[PDB]
Structures are given as C-alpha cells and as structure tokens.
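Figure: avibactam (bound form) in its bound pose on Beta-lactamase.
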Amino acid sequence: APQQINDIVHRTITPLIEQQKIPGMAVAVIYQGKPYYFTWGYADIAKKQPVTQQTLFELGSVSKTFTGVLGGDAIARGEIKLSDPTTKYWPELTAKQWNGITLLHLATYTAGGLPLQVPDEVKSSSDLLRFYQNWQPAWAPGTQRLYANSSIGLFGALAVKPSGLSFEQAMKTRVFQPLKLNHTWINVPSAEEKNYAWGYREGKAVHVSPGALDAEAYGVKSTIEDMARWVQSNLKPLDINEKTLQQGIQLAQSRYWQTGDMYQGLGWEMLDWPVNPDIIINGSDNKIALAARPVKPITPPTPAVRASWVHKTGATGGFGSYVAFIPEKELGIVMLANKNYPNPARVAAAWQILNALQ
Ligand SMILES: *C(=O)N1C[C@H](NOS(=O)(=O)O)CC[C@H]1C(N)=O
C-alpha cells in the first residue's frame, strides 16, 4: 500500500479500536480501483484466533445493498417493475391497505410505516401473511421514509418470484457468482465455520439468530476481500460483463426519494459529493437514521450520479459494518468489526480516510 494510505488508515483506525474496545477489525481501502487490506485483533478472543483477510463478519443491514442490486437485476431482466403492485407478486395479500403499495415503496421504506423488525413470533410464510395482512399504515404510501427490515425484506422476497428461484439461490446465481464473491454467504457452510468470527456483545460471544426475511434484510456474512470486490463492482459497473447485473448495480444507485440532503437508492443511500461530514456523521445516529422522515419523490428517478457519497451501515448483536464509496474518485472503504459500536464513529472514521485520499 502507498504510504499515504497506510498513514491515514493507521492514524484513524488505531484510536477508533482503542476508543470503542473493538476486539477484531478488517478494513479495505479501494484506491484508484485497487484494494488495500488491514487487519487487527481477534476473530475469537478466548481461542486467540486473529482476524485475517478470510475472516467472515456479519454484515447486518449492509446486506440490503445485495438485495437492492438483486432487485435491480430483476428489473433489468424485465421480470419486475418498481411500479408493480405488491399484490401482483403476493395475491394472497388481500387486505385493503395494500392497494397502492408498490414494489418501489417496499424497496425504499416508504410503504407507510412498516416496522423496523419483522416480529420474532413470525416464522412461517403463514405467519408472515398474517403479519402483513394485519399491519395498519400510519401514513399514505410514498410520504414518509421509516427504515424497516420488514419493508425491504418483503421487496427482496417478492422480487425473485418471477425467476422461480429462492432468494438465496437467486442471490448466489445472479450476484455472488458473477462477481466471484466465493466467500460471501447467506448460510455459512459447515466447512467455513472456522473462518466465521464471533461477535462480541457485552463481552459475550454471539452470532445473529435466524429470523423471517433475515437473508433479505440483514443476514449476509462476508470477508474483507469479497467486500472490497463488492465495492469495486458498485464503483465501476461498466466492467461487469453480465449486462443485467451491470444495469442492476446502476439502478440501485438511482435516486428514488429525497429527504433532507440524502437520497434513497435500492439498499444504498447517497448524498452529493462533496458532503458535509456532520450531516452524514450525525445522520447515521439511530436517533435520525431510524426516525420517520418526510420524503419528496424524484420522478423519474435520477440516474446514478458519479459525484456521490454512496454508503450503508449495518449491525447485528455482535458486529458493526460500514461501506462507503465515491464513484467519481474511484475510491471506497469497507470497515468490518466484531463489535456493534456506534454508527457516527464509523462514518467519521471513513470520511476522515476517504477525504484524505481524494
Ligand atoms: C441492520 O443492520 N439493522 C436494521 C437497522 N439498520 O440501521 S443501521 O444501518 O442504522 O444500523 C437497525 C440495526 C440492524 C438490526 N438490529 O436489525
């Protein structure tokens, strides 16, 4: 790595790890299109297993970027349209509040108040039907953004229905395999458990529990190498040979709604670059990021803007992840940690690194 990259990374990440008491961490900087890797600490504290470039971290809600791109690929294949009604893909969803709720609304958290989580009690498709049939919206569709695993989770499950594939099989065949993400998993194979870091919550080793729509909203595990490749693919989709996947990557960075200075993509969120760092840092705090916010539609959606800060946070009980990139600058960062530490500290560190390298 160029000394300027080593310098800024060690100057930024070393005190972050000390301040947040992070047990293990992996970072990739993508600089002029090439990846540079850094690792610290332990994937398993008690067993003294170091983090390596093959360590699997739980991505939590960063998984939604894969879901958004898979949905964009289905659009590009002609299999779905974002204007399609939800009920086109789930005709059993008959309750009257679903009239007018489209795939766009599900994908972008604008259906009208779908809740942050699918309830833990919901486990089968019959439970899931009852949940969505009994849900009562707080707002008309397309008026308020309320970040929700139950919203984009349902989008992902329905987006793959025309293909005839399960969500997991669609993701493997249409996204992971073409991009050579050979160590990215919705379900970690038995033979890969030795590479799966433990997460740490209040000092206790933990892994994410199964839940309905987990794969779609928060369930992917990946290595720092595969995540660097994922950033490269989203930075420069023109190098992707599979045309519908290239197009799906582009569509996930289209701007569908604006609230404040942020724009909602498919999974990804975007702001115009240069950003105000306080806006992205403070906006990442759960107090703002999980709050309902009024949206303005963008009709037609703005095609992906190269001079954007494109990013996504994610957490599980034991992990904290962050990805951010600037297509115009060919510049990106992935930060994976096996402790869920506050979002603003992730965003502040990422901006400090990328701003120094721009
Ligand atoms: C994703 O990691 N999740 C859903 C939601 N994401 O917001 S975050 O990206 O600002 O963390 C809350 C955290 C997490 C979850 N517990 O489901």
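For chain A, we keep the numbers from the PDB entry: what you see runs 31-388, in order. Note: hydrogens, waters and symmetry copies are ignored here, and every other heavy atom, side chains too, is used. Order of listing sets the numbers, starting from 1, for every ligand and every atom in it.
- Around avibactam (bound form, ligand 1), within 4.0 Å by heavy-atom distance, are found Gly90, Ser91, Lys94, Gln147, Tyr177, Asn179, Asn316, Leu320, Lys342, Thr343, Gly344, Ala345, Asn373.
- On a distance-only criterion, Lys342 and avibactam (bound form, ligand 1) share at least one N/O pair closer than 3.5 Å.
- Atoms of avibactam (bound form, ligand 1) lying under 4.0 Å from any heavy atom of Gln147, numbered from 1 in the order shown and given with element: 15 (C), 16 (N), 17 (O).
- Protein heavy atom in closest approach to atom 4 (C) of avibactam (bound form, ligand 1): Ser91 OG, 2.7 Å.
- The model ties avibactam (bound form, ligand 1) to the chain through a covalent bond at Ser91 OG.
- For avibactam (bound form, ligand 1), one of its N or O atoms has an N or O atom of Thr343 under 3.5 Å away.
- Looking only at protein heavy atoms, the nearest one to atom 11 (O) of avibactam (bound form, ligand 1) is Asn373 ND2, 3.8 Å.
- Here the heavy atom of the protein found nearest to atom 5 (C) of avibactam (bound form, ligand 1) is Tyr177 CE2, 3.3 Å.
- Close contacts of avibactam (bound form, ligand 1) with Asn179, meaning ligand atoms under 4.0 Å from a residue heavy atom, involve 4 (C), 17 (O).
- Of all atoms in avibactam (bound form, ligand 1), listed by their number and element, those nearer than 4.0 Å to a heavy atom of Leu320 are 7 (O).
- Remark: avibactam (bound form, ligand 1) and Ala345 share an N or O pair separated by less than 3.5 Å (distance only, no angle test).
- Against a heavy-atom cut-off of under 4.0 Å, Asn316 is close to the following atoms of avibactam (bound form, ligand 1): 10 (O).
- Backbone and side-chain nitrogen or oxygen atoms of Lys94 are examined, and none is located within less than 3.5 angstrom of a nitrogen or oxygen of avibactam (bound form, ligand 1).
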